[PDB]
A.B. asks: 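Take this structure first; my questions come after.
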Amino acid sequence: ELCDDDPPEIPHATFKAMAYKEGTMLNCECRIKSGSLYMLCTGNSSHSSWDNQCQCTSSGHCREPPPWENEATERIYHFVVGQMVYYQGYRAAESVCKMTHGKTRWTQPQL
Amino acid sequence: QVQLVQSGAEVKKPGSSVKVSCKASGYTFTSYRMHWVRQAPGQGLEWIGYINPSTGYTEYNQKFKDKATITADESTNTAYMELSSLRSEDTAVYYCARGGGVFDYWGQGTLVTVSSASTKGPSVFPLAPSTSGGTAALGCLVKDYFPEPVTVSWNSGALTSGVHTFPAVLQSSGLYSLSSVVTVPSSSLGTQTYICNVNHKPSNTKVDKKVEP
Amino acid sequence: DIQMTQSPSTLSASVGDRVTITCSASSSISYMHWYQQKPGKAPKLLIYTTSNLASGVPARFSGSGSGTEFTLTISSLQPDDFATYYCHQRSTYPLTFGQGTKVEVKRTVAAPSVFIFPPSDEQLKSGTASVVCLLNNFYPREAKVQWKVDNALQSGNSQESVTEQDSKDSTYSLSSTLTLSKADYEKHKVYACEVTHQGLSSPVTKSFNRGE
């Protein structure tokens, strides 16, 4: 349970996630120096938390964590199998990550 | 079908740097990540990291952070991996493996050997065997050479019966040594000639020693 | 880091036996993957997501498990099945592999022949001399070699070398080399190679006198 492929790109659209499945990872960037690694969503059926909070110096599902000290423009996530993301012009649509023959890929969200 | 071909073996001096290739075919290049893995002698398997040719983004593990840098280009369909400041502990076989799930398509492999020594020819000494009753043995000893490999033959590949050639062992001096042996009837030592044929390509050396009682 | 422990490390078995390897995870995991590797080749995927057979794999393979304890089986060993096996996890970073399990051919017990070699005279003008002791066509692999100099134990001067299991008679061969200098070699008379092995009722010895 860990997707290798990145989410696709539909000509004209935007994708985001709200519900993070247990497994999801984020690396803290800012600048970094502390003795830490990743932020890791962990939990049972009751609730779920984030394990390893981040600091910087000078020189079923879990919500998105509270902003820290020096975040960059973009924050990258490591998704898991099961994860779902949602996709200036009208349309007349959701991307899911699946695994069949030992192969993981995000299904093309038929817009 | 899908095939990934890697660059040849390399021998490097301590403190230097080397860059390894992996060319791809049988699929569309930018749709998949490429991973790298090394296998040290005796030791198991260890995962370095990956790259995505669409973005150029890399991820690593908390070991090879400041030791390796994955790189690629869509124009020529190849992925690269450079090693920074070489130590003897870095000696291993390096594989490129395609992403997209569980590992399935691997490359051939690339050897990187790191030591201070330089090209060196071998030195050949005989091992004398009793021409009455019982079974005897004899062989050649090949010592003080760098680097591998070296090939041994008997009487121009004429006899293969009861011939053993052992693996080379690294010495505290940092160069290589091995010995080849064969077992023969004692009633032959009178009227039979035995010659070992040692060869070393890196130095263009061809010497054949005759052994006798 | 999630690290894993395979067992056993080495398995000796016969064609037609049943086989079972085990991989122990430090934490609870969802799925386990397995590979096969032969000398000079890249790993080949064997069983994915804990039990599914890869294409080209024969019906006699399989696997099972959950939580922290996973395992793979072979119901009847064939000749092609002799190799090294690895477990693998991918539910968090970093990705980690198992240590390994080697499956060798179990044979009938065979005691070695032993042979002794004095250092060559051309070698003697170099100022350094080497002494060689040979162990011929034996099984099992467990063979202990110790050097004797006028009935005295020795240490930190010898290096042994082992061949790969002979693909035709399943035997092994070993080579223990004692390396010294010229001066200290011309100081002793009786040099002995004492060999111990299962198929030997009593430890056998080969010796020689320095001067003729």
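The chains are labelled alphabetically, A first, in the order the sequence lines are listed. Since chain A takes its numbers from the PDB entry, the residues it shows come out as 1-30, 36-64, 102-129, 133-137, 143-161. The PDB entry numbering applies to chain B: residues 1-129, 133-216, in that order. So for chain C, numbering is the PDB entry's, and the shown residues are 1-212, in order. If you check the header, you will see the structure was determined by X-ray crystallography, 2.9 Å.
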A.B. asks: At chains B and C, which of tezepelumab, tanezumab, durvalumab, daclizumab, cemiplimab is present?
C.D. replies: daclizumab
A.B. asks: Trying to figure out what daclizumab is stuck to here - the chain with the largest number of contacts. What's it called in UniProt?
C.D. replies: Interleukin-2 receptor subunit alpha
A.B. asks: Taking any heavy-atom pair under 4.5 Å as a contact, which residues of chain A contact daclizumab?
C.D. replies: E1(A), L2(A), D4(A), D5(A), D6(A), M25(A), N27(A), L42(A), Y43(A), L45(A), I118(A), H120(A), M149(A), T150(A), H151(A), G152(A), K153(A), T154(A)
A.B. asks: Please list, by chain and number, the residues of daclizumab that lie under 4.5 Å from chain A by heavy atoms.
C.D. replies: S31(B), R33(B), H35(B), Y50(B), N52(B), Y57(B), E59(B), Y60(B), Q62(B), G99(B), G100(B), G101(B), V102(B), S30(C), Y31(C), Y48(C), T49(C), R90(C), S91(C), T92(C), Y93(C)
A.B. asks: Give the source organism of chain A as listed in the PDB entry.
C.D. replies: Homo sapiens
A.B. asks: Name chain B as the PDB entry does.
C.D. replies: Heavy chain of Fab fragment of daclizumab
